[PDB]
Novice: 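I came across a structure with elzovantinib and want to understand it better.
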Amino acid sequence: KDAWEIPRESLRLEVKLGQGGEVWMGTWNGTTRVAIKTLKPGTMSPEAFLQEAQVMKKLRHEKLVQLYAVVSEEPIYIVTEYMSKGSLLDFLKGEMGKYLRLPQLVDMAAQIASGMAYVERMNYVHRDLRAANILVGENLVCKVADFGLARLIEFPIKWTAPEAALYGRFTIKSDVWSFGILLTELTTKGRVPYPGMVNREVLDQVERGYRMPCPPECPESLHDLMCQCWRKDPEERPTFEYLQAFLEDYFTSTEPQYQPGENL
Ligand SMILES: CCN1Cc2c(ccc(F)c2C#N)O[C@@H](C)CNC(=O)c2c(N)nn3ccc1nc23
């Protein structure tokens, strides 16, 4: 057992924030607001449930959801930090959605690209990168999460690169693709990529060279970044280090003459 092993009674689960096990907002050692991901026995394999905690032990970054502790004895628990604003998907679709603008939305994208550039230096792949897996706290802080499929190197189709959805080639540039889809989520405020298309139709058109057009009120200089994320050859895609640098200097180097619109 590791040093992440805490007593099974040191947690006081309270409010459930969504379930599938479930997700609870509770207490740790008396005073720590935490988020407790739990394994509700569906007789699910705990080695397949602690695999999400195995990767979360080696990844520490200010833009990643910080694991707090693990309970590896049935029933299984996973304790992480509590994000006060919930998932980014619900945030873009919630009441704050209509008020978000391009300066704030690009900032959230630079935080995601910062945390996605961290694990790019650690030689890991996330494999389920999407706004439904990004979590928001106060001050518009976005930490990527849901490492239940992340693993060290050696489907939700609409977010996956073709070579990963087709040939299982989940690499550092297969998530760069999902980042470009994440940029369409942020620019449309939570809308589903490829409107009106089913998973099979997306797989057919993406393999035929089809790419999503420019979101309304989105600058072509940002949709160009999405196309670079959606390049067929995985090595043509930009690094997350370039992605984080691009989005941090966006309104000085790329769009210095940005004027706000009704939506962006
Ligand atoms: C225990 C880990 N998870 C589960 C989780 C989600 C939603 C998206 C995610 F990428 C993750 C992850 N990884 O759970 C959703 C069902 C609901 N969870 C929350 O609204 C939440 C929150 N407000 N802070 N916070 C912190 C952690 C946390 N979930 C939350």
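Using the PDB entry numbers, chain A covers 257-276, 279-412, 424-533, in order. Order of appearance sets the numbers: ligands from 1, and atoms from 1 within every ligand. According to its header, the structure was obtained by X-ray crystallography, 2.8 Å.
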Novice: Indicate which ligands or chains correspond to elzovantinib.
Specialist: ligand 1
Novice: Counting heavy-atom pairs under 4.5 Å, which macromolecule has the most such pairs with elzovantinib, as named in the PDB entry?
Specialist: Proto-oncogene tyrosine-protein kinase Src
Novice: Report all residues and nucleotides of other chains within 4.0 Å of elzovantinib (non-hydrogen atoms).
Specialist: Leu273, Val281, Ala293, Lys295, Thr338, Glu339, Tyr340, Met341, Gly344, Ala390, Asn391, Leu393, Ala403, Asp404
Novice: So, for elzovantinib, where in chain A are most contacts, UniProt-domain-wise?
Specialist: Protein kinase
Novice: Which UniProt active-site residue of chain A lies at the shortest heavy-atom distance from elzovantinib, and what is that distance to 1 Å?
Specialist: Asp386, 7 Å
